[PDB]
Participant: 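Handing you a structure now.
Residue numbering for chain A follows the PDB entry; the residues present correspond to positions 44-313, 319-415, 423-507, in that order. The header says X-ray crystallography, 2.1 Å. Read the numbers this way: they start at 1 and go in the same order the structure lists the ligands and their atoms.
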Amino acid sequence: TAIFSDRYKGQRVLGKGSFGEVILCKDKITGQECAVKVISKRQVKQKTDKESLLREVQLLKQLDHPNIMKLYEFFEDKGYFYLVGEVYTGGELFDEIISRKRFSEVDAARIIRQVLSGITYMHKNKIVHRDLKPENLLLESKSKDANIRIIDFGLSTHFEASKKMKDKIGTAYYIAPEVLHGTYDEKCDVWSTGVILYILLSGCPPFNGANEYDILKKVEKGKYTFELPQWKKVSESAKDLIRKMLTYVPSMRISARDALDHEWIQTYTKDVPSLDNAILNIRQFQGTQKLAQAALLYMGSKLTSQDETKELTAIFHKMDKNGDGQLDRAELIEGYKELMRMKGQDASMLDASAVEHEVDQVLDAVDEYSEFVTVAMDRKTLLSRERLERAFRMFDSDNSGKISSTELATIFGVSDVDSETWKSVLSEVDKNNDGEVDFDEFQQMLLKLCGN
Ligand SMILES: C=CC(=O)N1CCC[C@@H](n2nc(-c3ccc(Oc4ccccc4)cc3)c3c(N)ncnc32)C1
């Protein structure tokens, strides 16, 4: 049997994705770079037996399509699954779209064609995505012509969707009604692609609401309109395809394959204005979604840190069998290894070598075990804290330094934080009734919302 750390070494942590953290890794012999999704058997419940998962893995390894992430290898140990595939460097589709001069029906059609083509291919092979959303769409490279790669095909079939809002963020917009009710098939992916197309052409989700449950209610009802002004500058054939994709009864819904043949895909991927309003709305949409996301991740990292800080102090105290408050390099390493032995393996610490290295990074800064803990945990939180500052600066497009109480409502609503609870927290911070918070205030609000 093969061990993952015998073959690969961690380079960078790429981020949190569905069901797990993704690491840029490198083959120890060949120097081949790869992206690895690490799935914690603790945090995620399986829906199928081991035999069925292995069988799916084997098939996925043989499949090949230019719009589908390529899987190379699969590993399993006591506590983890490791899905090893091709690295893509162009980031998420929507992030590229917001940094564009012009965007038209031609651009959207070229995008949708790719998605549909990838989906069609996978449906032929009896694989359903079920969780398709903008963040599942990566661009292959930084190039302007670069292909879209759909990630995560085949995961939702074998793993139960997280119930934590940190993981649920932004899922409600895209889910087909029949997924909510339990009887679903491959048509659910056409629905989600229809929702994505709708957003691409208007910058607004077709089913919206002030919170998660409110969005699900609208989805379940199935009603939506092209009433928004920006739809006036959009072709009738686009709206027609949307209607067919967002058809309530799945048996009456257009297939992925027939969507490829639709008048709209044919004409605009074969004299077209730029949807300026849509670019402006998508930029707002994306900023909103990413700040809400950063906020929840920041709170989680804060809690995780508090938990680990105390545990690490309790390890270094027990190890300090002479009681002086200071320790040697080797002790710190064995202690830090104990922390991951108990609290579970960390993203950037795939093996014993990774921990040794991390300790030395902390020690190179410290120039007293309490001071080691401080810097160590600070380094653990760094990426969530700066993701917060950056998403805050991104959202604050006017560089005003502030976010209004209206904007907060939208942010907390997407974060699914109780309206009465954050208003309460806002009152304690905004004692001046400015109706707005700066970054530090915003950050204090979040600390108060996670028990601090
Ligand atoms: C701005 C945030 C951004 O871009 N993100 C957010 C942070 C993670 C990034 N990410 N993820 C993958 C990837 C890697 C492995 C994988 O496992 C399989 C699951 C099922 C079947 C086969 C493989 C799924 C996705 C990934 C990747 N491959 N390449 C580059 N980034 C990746 C994208």
Participant: Between lometrexol, ibrutinib, topotecan, runcaciguat, which one would you say is at ligand 1?
Facilitator: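 Of those, it's ibrutinib.
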Participant: Which macromolecule is the chief neighbour of ibrutinib by contact count, per the PDB entry?
Facilitator: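 It has the most contacts with Calmodulin-domain protein kinase 1.
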Participant: My understanding is that we take every heavy atom of each candidate and find the minimum distance to atom 18 (C) of ibrutinib. Doing that for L126, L136, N179, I170, which one comes out nearest?
Facilitator: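 Comparing heavy atoms across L126, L136, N179, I170, the nearest one to atom 18 (C) of ibrutinib lies in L126.
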Participant: So between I193, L180, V65, whose heavy atom ends up nearest atom 12 (C) of ibrutinib?
Facilitator: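 Heavy atom nearest to atom 12 (C) of ibrutinib belongs to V65.
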Participant: Applying a heavy-atom cut-off of 4.0 Å, say which part of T132 lies close to ibrutinib: side chain, backbone, both or neither.
Facilitator: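 Neither part.
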Participant: Specify side chain, backbone, both or neither for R192, according to which of its non-hydrogen atoms lie closer than 4.0 Å to ibrutinib.
Facilitator: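 For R192, there is no contact with ibrutinib at all, from either part.
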Participant: Ignoring hydrogens, just give me the one of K80, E116, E135 whose non-hydrogen atom is nearest atom 1 (C) of ibrutinib.
Facilitator: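 Considering heavy atoms of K80, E116, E135, the nearest to atom 1 (C) of ibrutinib sits in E135.
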Participant: For ibrutinib, which residues make up the site at a heavy-atom cut-off of 4.0 Å?
Facilitator: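 Non-hydrogen contacts come from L57, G58, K59, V65, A78, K80, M112, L114, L126, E129, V130, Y131, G134, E135, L181, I194, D195, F196, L198.
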